[PDB]
Student: 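First, the structure itself, so that you have it in front of you.
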Amino acid sequence: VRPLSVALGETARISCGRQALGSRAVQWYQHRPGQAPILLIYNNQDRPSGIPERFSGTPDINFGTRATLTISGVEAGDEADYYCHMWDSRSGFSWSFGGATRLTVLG
Amino acid sequence: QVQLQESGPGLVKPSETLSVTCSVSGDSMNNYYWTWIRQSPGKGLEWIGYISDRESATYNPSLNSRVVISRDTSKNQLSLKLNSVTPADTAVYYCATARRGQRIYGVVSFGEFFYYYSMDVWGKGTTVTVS
Amino acid sequence: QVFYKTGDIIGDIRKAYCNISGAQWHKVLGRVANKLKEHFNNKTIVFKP
Ligand SMILES: *[C@@H]1O[C@H](CO)[C@@H](O[C@@H]2O[C@H](CO)[C@@H](O[C@@H]3O[C@H](CO)[C@@H](O[C@@H]4O[C@H](CO)[C@@H](O)[C@H](O)[C@H]4NC(C)=O)[C@H](O)[C@H]3NC(C)=O)[C@H](O)[C@H]2NC(C)=O)[C@H](O)[C@H]1NC(C)=O
Ligand SMILES: *[C@@H]1O[C@H](CO)[C@@H](O)[C@H](O)[C@H]1NC(C)=O
Ligand SMILES: *[C@@H]1O[C@H](CO)[C@@H](O)[C@H](O)[C@H]1NC(C)=O
């Protein structure tokens with residue numbers, strides 16, 4: 001697990017660690033230490049009810065494109081880890097969430 | 001609104017049956033597929049096998065079907081029974097709801113739909129250690 | 001001499017198929033059934049796979 005730094009006050013895009021073998025419907029969840037994680041994006045297209053538009057994802061149009069998660073600058077909520085959950089036809093069910101990505105902000 | 005509270009034993013004797021359960025408030029019991037999350041310290045978010053609303057439980061092959069889950073109709077609770085536990089497996093448990101969605105990439109008649117679950121509600125978390 | 005083989009599928013695995021409109025096919029098949037009734041003593045015409 002290697003966290004990626006995010007520019008202060010600027011939106012940053014994180015690419016999913018694992019690679020899809022077909023048409024993909026990713027699931028994004030932002031883990032919260034000591035609290036309930038909040039889901040960010042489902043089907044890589046639309047935000048769940050009650051979730052701000054700050055989180056957006058690439059469409060699955062065509063093949064040869066990698067899903068990404070958008071975040072709004074840096075904050076306490078952004079600092080906590082979030083996961084990319086790949087669902088591709090060939091692999092099947094995705095039992096493991098995968099490697100974690102964390103935001104770090106200082107100064 | 002679902003006030004997701006998990007019953008936490010806190011201490012469980014190794015190689016003994018476990019009762020780690022999450023309560024659900026003010027929600028339909030069979031509205032969503034029921035799933036559980038267990039995260040070991042110093043590890044990525046790990047999802048253990050979920051149970052359908054039809055009382056059929058998917059099982060993680062790593063767990064070797066040690067976990068047995070049966071949702072209690074009266075108590076609005078997902079009772080988990082874990083047998084032959086070890087200090088390694090015991091960790092924080094999360095209760096979650098999964099919305100089944102199907103993605104179709106071709107002819108449905110042949111069969112090209114795969115079901116993907118979305119974690120609408122996540123667990124508050126209960127930490128259990130061996131005693 | 002180069003022998004060209006199938007290596008793998010880049011993307012989804014999808015069965016091959018052929019699409020034929022049901023309305024047009026059944027219209028034409030009804031016409032064929034009537035024309036076969038003309039030559040086959042007005043018997044009921046049964047197409048079977
Ligand atoms: C022959 O007839 C059959 C019907 O009997 C017909 O089958 C249909 O095939 C199309 C594909 O050609 C299917 O359309 C798929 O639908 C999905 C979701 O509904 C769509 O995927 C969206 O678009 C892109 C992916 O390409 C992505 O960016 C977007 O996010 C996707 N949506 C979501 C929510 O994720 C596409 O429109 C398409 N998927 C593809 C192309 O991978 C229909 O579902 C099929 N319908 C049935 C009933 O089976 C077939 O096309 C006909 N063929 C010819 C040549 O006429
Ligand atoms: C076929 O098998 C070989 C070796 O076992 C492997 O390298 C190759 O990727 C396989 N191809 C497919 C389509 O599975
Ligand atoms: C076949 O394709 C033609 C043009 O591409 C279209 O007009 C016709 O409706 C199609 N037929 C079927 C059965 O999809």
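Every chain is numbered from 1, with letters handed out A, B, ... down the list of sequences. Heads up: this isn't the whole entry, just a piece of it, and contacts are only counted within that piece.
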Student: By the naming in the PDB entry, what macromolecule does chains A and B touch most in this deposit?
Tutor: CRF-1_AE T/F100 Env gp120
Student: Help me out - what's the drug at chains A and B named?
Tutor: 10-1074
Student: State the chain among those of 10-1074 (chains A and B) that has the most heavy-atom pairs within 4.5 Å of chain C.
Tutor: chain B
Student: What residues form the epitope of 10-1074 (chains A and B) on chain C under a heavy-atom cut-off of 4.5 Å?
Tutor: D8(C), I9(C), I10(C), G11(C), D12(C), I13(C), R14(C), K15(C), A16(C), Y17(C)
Student: Identify the paratope of 10-1074 (chains A and B) for chain C at a 4.5 Å heavy-atom cut-off.
Tutor: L21(A), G22(A), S23(A), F63(A), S89(A), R90(A), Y105(B), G106(B), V107(B), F110(B), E112(B)
